[PDB]
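Okay, structure first, notes after.
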Amino acid sequence: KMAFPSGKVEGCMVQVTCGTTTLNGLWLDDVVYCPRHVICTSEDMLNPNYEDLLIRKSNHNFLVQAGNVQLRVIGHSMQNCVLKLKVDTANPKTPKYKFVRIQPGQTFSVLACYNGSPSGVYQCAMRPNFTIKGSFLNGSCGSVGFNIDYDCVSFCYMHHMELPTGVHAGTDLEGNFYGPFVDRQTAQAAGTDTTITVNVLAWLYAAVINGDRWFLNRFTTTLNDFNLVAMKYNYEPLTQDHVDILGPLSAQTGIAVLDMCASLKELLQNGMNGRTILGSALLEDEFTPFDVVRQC
Amino acid sequence: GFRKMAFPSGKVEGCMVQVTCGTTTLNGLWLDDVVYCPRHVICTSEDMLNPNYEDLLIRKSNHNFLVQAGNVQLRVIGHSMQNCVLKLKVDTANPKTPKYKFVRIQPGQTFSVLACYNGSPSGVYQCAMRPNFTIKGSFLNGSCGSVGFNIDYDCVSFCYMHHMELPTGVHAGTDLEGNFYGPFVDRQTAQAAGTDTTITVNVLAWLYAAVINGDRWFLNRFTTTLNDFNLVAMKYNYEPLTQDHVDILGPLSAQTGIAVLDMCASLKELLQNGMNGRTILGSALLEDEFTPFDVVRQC
Ligand SMILES: *[C@H](O)[C@H](C[C@@H]1CCNC1=O)NC(=O)[C@H](CC(C)C)NC(=O)OCc1ccccc1
Ligand SMILES: *[C@H](O)[C@H](C[C@@H]1CCNC1=O)NC(=O)[C@H](CC(C)C)NC(=O)OCc1ccccc1
C-alpha cells in the first residue's frame, strides 16, 4: 500500500477562511479551489441555500493564506459544490496537472491537510458505493486525492464530509459529488458496499507472478456467466474497461482474463478450503492492476 | 477512520539525487553541500561478492562519481566514507535543504520511506523497524539510497538508508552514519536475520485504534498483571511490555476508558484462541506497525 510522493501537491495547499470557518484549498495557477461550504455558518449547514449565501459574499470576505501569508482574492464563483477563488498571484509551484473523474475501484493518494498544512499521505480506493475509507478529522475538508503519471498530477477527489458509518464522501475538482450525496449537514447513508472484482483479479495475478498459483484451474467462463455469479457473492460485475486494464497482467502471466475469472469463481463457490494466497486467507480488493504493476 | 499514514514527503523529495560510478547507479541524499549514498555504488560485479571498501575507495577519484540533480550534473570536489555510507562533497549547496537531523531509531519505531529510482521519487509508505532489525519494505533494483524519515514540526529526522534485500524478501540498511541496523553486511551474500517477534506495544495501540473506530468484539472483562501478560506474550513470540510502554499507552487508555492491563487481557485471549474468522479494522492478523504516537496523531 504505497502512496505517490506528495511534494507536488504539498506545494499547492492553502487555507481558506470565511469568518471562523476554515478549510483547505488547492492553489493552481491563479485559482484556488475549495469546498463551497466554507461560506456556511454552523446553522447554515443544517440546510444551506448556497446561492443566497454566496450572493451576500464579496471578494473581501474570503481569507486565503499560504502559511501565514495572505493571498488576495480578486474574483469568486461557484461551480457545483466547489468555490473557485481567483487570486492575484500565480502559484509558482503549480505542477503540470489535470482534473479527472475516477471510476469506483480506482485508487488514489490522499494528502490529509489541516489549516493548509499537510499531516499525512495515504492510499485510498473509491468503493463501488462511492465512499472512501479515509482518515479525516474536523478541518480536513478541501484535502485532495490524486494520481501522478510521469510528471503530471491528476487531481481526482476533494474532501467534503463523513457519513454516519465513518466513511467519507466528496467531489471531483469540478464540484460534482461522487455518488448520491449532497453537502448538507443532514442524514445520509451509503449504499451497501461490494467487492471490487477487477482488483481482486489483479491481486490473484500478483500472486501468480510471485509463484503462488494453487488456485489456477483448467476451466474458463464467459464474462456474462461470471458477472451473474459474482453479483450473487456481492462482487461487482466486470466491465469491458476492466477486462482491458487486466491486459498487461494477463500478458505478463499468460493467463487469460476469463481463465482467471473461472479461478476466482471456483474460489467464491468452494471457499479457500483453508489455504492462503500471498500469505492471507482474505482476498484483497484495494490494489488496482496499475498498483500491482507499480510494486512489481 | 484508520489508515497506514506516511509523513508528507515533499521535504525529502527536494533532496534526492542520482549517483553513478561505473555501471552502478543508485540514489543519494543531498543536504547542504554533501551527498550521502550507500558505499557499494563503488563496486563492480566481481567486487560486491567480497568487497574491501577502503581498498576500492582509495582507487577512486572525484571524477569517477557522477551526480545528477534533475537535468543538472553536480561536480564532486571531495569524498569520504563513514562506515557504510559515502559522503560526496559537491560545489553546490542544495537550496531545498530542510531543517534536519540524523537519528538512529529503536526496534518498534515507525518511519516513512520515500522509495526512489535513478534519483526520482516513486512512492511513499510507512514501515517499522522490526525487532530483528529488518524492515518489510517494497524496494526493487535501483532503490538503494532511498531513505526513511520522520517529521516533527518542520524538522526531518532521517533514520534509514536502504542497502539490500535478504533472501526472505525483507530489507536491511543503515542509519545515516552508515551503521547497519542488525547483524548485516553490505556484501552480495545470502544473509538470514534473527527470529522476528511482534511489537506488542504497537498491537495494543492498534487495538485501541479499533475501539476508537467502534470495533470492539475482542474486548473482555478479564484482567491480568503486567508480568502474567508478559509470560504469555513471550510464549507466542511477542515482545515484552515494559512499564514505559504502559505509560505511553495512557492517553489512549484515557480516551477510551480502557485500562492498559485490561487491553492486555483482550490481547492475551486473542493470542490463545485466535480470531476465528473475525477481523479487526479489516485485518485478519494483528497489526504491529502502528505506534501509540501514530494512533494518537491520526485520531
Ligand atoms: C470539513 O472539514 C468536514 C470533514 C468531516 C468532519 C469530521 N470528519 C470529516 O470527514 N466536513 C463536515 O463537517 C460536513 C459539512 C457539510 C456542510 C457537508 N459535515 C459532516 O461531515 O458531518 C458528519 C460529521 C461527523 C463527525 C464529526 C463532524 C461531522
Ligand atoms: C541497491 O539498489 C540494491 C537494492 C535491492 C535489489 C532488489 N531489492 C533491493 O532492495 N541492493 C543490492 O542489490 C545489494 C547490494 C549488496 C552489495 C549490498 N544486494 C542484494 O540486495 O541482493 C539481493 C537481490 C535480490 C533481488 C534482486 C537483486 C538483488
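The first sequence line is chain A, the next is chain B, and the lettering continues from there. Numbering, chain A: per the PDB entry, residues 5-300 in sequence. Residue numbering in chain B adheres to the PDB entry, whereby the residues present occupy positions 2-300 in order. Computed from heavy atoms alone, side chains included, the values below leave out hydrogens, waters and symmetry copies. Both counts, for ligands and for their atoms, begin at 1 and track the order of listing.
- PDB records name the drug found at ligand 2 as GC376 (bound form).
- Per UniProt, the macromolecule making the most contacts with GC376 (bound form, ligand 2) here is 3C-like proteinase nsp5.
- Under a 4.0 Å heavy-atom cut-off, the other chains found next to GC376 (bound form, ligand 2) are B.
- Between atom 16 (C) of GC376 (bound form, ligand 2) and the options B:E166, B:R40, B:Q189, the minimum heavy-atom separation is to B:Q189.
- Measured between heavy atoms and rounded to 1 Å, the nearest UniProt active-site residue of chain B to GC376 (bound form, ligand 2) is B:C145, 2 Å.
- Distances below 4.0 Å separate heavy atoms of B:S144 from the following atoms of GC376 (bound form, ligand 2): 2 (O), 4 (C), 10 (O).
- The UniProt domain of chain B holding most contacts with GC376 (bound form, ligand 2) is Peptidase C30.
- Considering backbone and side-chain N/O of B:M49, none are found under 3.5 Å from N/O of GC376 (bound form, ligand 2).
- Under a 4.0 Å criterion applied to the non-hydrogen atoms of B:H172, GC376 (bound form, ligand 2) contributes the atoms 10 (O).
- Lab note: covalent bond from GC376 (bound form, ligand 2) modeled to B:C145 SG.
- GC376 (bound form, ligand 2) is approached by B:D187 to a heavy-atom distance shorter than 4.0 Å.
- The residue from B:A173, B:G146, B:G170, B:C145 that puts a heavy atom closest to atom 1 (C) of GC376 (bound form, ligand 2) is B:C145.
- Of the heavy atoms in B:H164, only backbone atoms (N, CA, C, O) come closer than 4.0 Å to GC376 (bound form, ligand 2).
- For chain B, the PDB entry reports the organism Severe acute respiratory syndrome coronavirus 2.
- The ligand atoms of GC376 (bound form, ligand 2) that sit less than 4.0 angstrom from a heavy atom of B:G143 are 2 (O).
- For GC376 (bound form, ligand 2), the residues with heavy atoms nearer than 4.0 Å are B:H41, B:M49, B:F140, B:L141, B:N142, B:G143, B:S144, B:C145, B:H163, B:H164, B:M165, B:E166, B:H172, B:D187, B:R188, B:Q189.
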